[PDB]
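First the structure, in the form of structure tokens, and then the observations on it.
What you see of chain A is 4-583, where the numbers are those given in the PDB entry. Just follow the structure's listing: the first ligand is 1, and inside any ligand the first atom is 1.
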Amino acid sequence: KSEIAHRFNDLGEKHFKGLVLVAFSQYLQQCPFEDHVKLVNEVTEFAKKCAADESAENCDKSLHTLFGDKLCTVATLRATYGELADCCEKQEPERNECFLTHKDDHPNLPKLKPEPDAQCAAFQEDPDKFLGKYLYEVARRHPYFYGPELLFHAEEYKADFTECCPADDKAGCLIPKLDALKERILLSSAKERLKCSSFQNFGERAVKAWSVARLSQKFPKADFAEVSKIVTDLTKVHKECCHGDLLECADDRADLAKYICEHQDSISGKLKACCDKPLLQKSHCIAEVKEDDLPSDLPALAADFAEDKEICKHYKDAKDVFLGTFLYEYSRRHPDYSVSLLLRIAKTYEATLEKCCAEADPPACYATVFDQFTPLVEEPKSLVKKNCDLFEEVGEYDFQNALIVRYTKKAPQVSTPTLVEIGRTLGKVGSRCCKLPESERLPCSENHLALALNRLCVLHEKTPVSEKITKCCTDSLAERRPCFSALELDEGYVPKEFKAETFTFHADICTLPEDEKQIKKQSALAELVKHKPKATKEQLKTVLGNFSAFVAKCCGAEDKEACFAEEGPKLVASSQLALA
Ligand SMILES: O=C(O)Cc1ccccc1Nc1c(Cl)cccc1Cl
Ligand SMILES: COc1ccc2cc([C@H](C)C(=O)O)ccc2c1
Ligand SMILES: COc1ccc2cc([C@H](C)C(=O)O)ccc2c1
């Protein structure tokens, strides 16, 4: 009768409010914290009235009518959000559709800097307001963050402050915890964005195919029926969340988590751990759960997928099922392949049946179908071993450097901050994945690269600058990585005009944390490539070494700025000669 009552009742006041805060922060990213709290409280008050009497006026309206109406009350909307006021003239679903379309993936808000005294203080004078603020700050920075999971991370954030605010060493307890929480936020943000990007750019059939492969790897003892059931339900969950319907998404997620733990015995022995937990931790745990051991009765596949004479009829009679089945089977036995590699193999199997079934004798044609997968598998294994060798020889900083050079050559039109962010994220894939046991390196690498490349695509959507990127981003989800890997120096590119200030450093740099020093150096590196696109990697590496050396010296100096001022312009001129 009243959706708002229903969700309120299912979720309870705490989570209802939390989720409704997230929604509003993500939709209206610039509004101050206080406006949002007020709007939340109001909606929540409405919900309570409806829970008391679902016949009451307007209680029957949809959530989005209700929430969309609420957002359209904010003061200074047309000033703050010029582009959004027009959305408020529209009805639903056209309205919500407009709000979504204008969500910002790179609002470039200030970085969230742990300030342990000020924060423990604010925490103590009002913990409820302190945690709301966290949800708000994160939601706003990541307008597609998986709602339910943000509530989860908010609990971890509360545990952090609970533990550390009364400790001997406040920052010793707290700054590493919050640094690791921020890594976990960024990674989770990037996983969820890929899901919503997959719905937007490729459709639900693409999200389902990804999720069949992934969950078949994770739960290889489950049967296909069960995998499909979970994938169907998980797909709806994310479709809701990616469409800003967070209350429905949370409720539906909890139903799923219950389902999974009721049937954990016929799903995976790894879920026991997770099913013994409170709600949000449980959901988090199932979502991140490790892959089960491979059953001893995995069926040989030749017979059904290469040898049977009826394949062409079966395939024609129901393509999506026959293929989904193939994908389930192949993926469950292949936790050692990435999801994209599995999807590229499925598309080749498909392509082989399309080809062979239109020929005179299909069975002799499709008899060698499994053999066409060999090169699909070797290419990425070889790439991962090569980049991991490099990573291990040179370390994170220089691997990031190598990737920054790589990406600037491929897309020299992209802004420097994007190239640097992206080269740095790509480089961290080496740190995450290369040290893992070797059978894990390919899946770790490609699954994480999908997250980084999607980020590039998402930023590119905002600020299109290169047709090569557009094409790689939109042609084929499964082929993205190979498509990006194949790009080379854009030759059409006119070297960017030399501007000496760009390469000109000052003593300000000396006071930065290491991190931020690297970014400054890494930004100059991209600029060196834009101006000398044909310089080799070996030349850029030497020239940047000379820049680091110079920065280290001048920062070690008696009179830092005089140092920078005398030595710098010479290095700037001479380094250009060392390039292309
Ligand atoms: O770029 C690569 O693929 C690897 C490579 C090999 C030899 C020398 C330098 C580089 N990369 C690289 C670059 Cl392009 C700049 C600074 C530091 C490094 Cl390690
Ligand atoms: C029913 O079977 C499938 C199998 C593989 C698929 C792969 C893809 C990828 C994401 C692609 O890039 O096209 C999509 C749909 C698919 C459906
Ligand atoms: C194992 O570690 C990595 C890290 C970064 C990588 C980037 C690339 C890109 C897509 C490339 O353009 O080749 C490939 C492989 C990679 C492996």
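Most-contacted chain for ligand 1 in this structure, per the PDB entry: Serum albumin. According to the PDB, the drug located at ligand 1 is diclofenac.
The options were gemfibrozil, lorcaserin, tegafur, naproxen; the drug at ligands 2 and 3 is naproxen.
Within 4.0 Å of diclofenac on heavy-atom distance sit the residues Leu393, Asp401, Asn404, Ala405, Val408, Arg409, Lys540, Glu541, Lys544. Closest protein heavy atom to atom 11 (N) of diclofenac: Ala405 CB, 3.4 Å. The entry attributes the origin of chain A to Equus caballus. Nearest non-hydrogen protein atom to atom 6 (C) of diclofenac is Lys540 CE, 3.8 Å. Diclofenac places these atoms under 4.0 Å from at least one heavy atom of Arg409: 3 (O). Within less than 4.0 Å of diclofenac, no other ligands or ions are present.
Here is the list of diclofenac atoms found below 4.0 Å of a heavy atom in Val408: 14 (Cl). Of the protein's non-hydrogen atoms, the one nearest atom 7 (C) of diclofenac is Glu541 CG, 4.0 Å.
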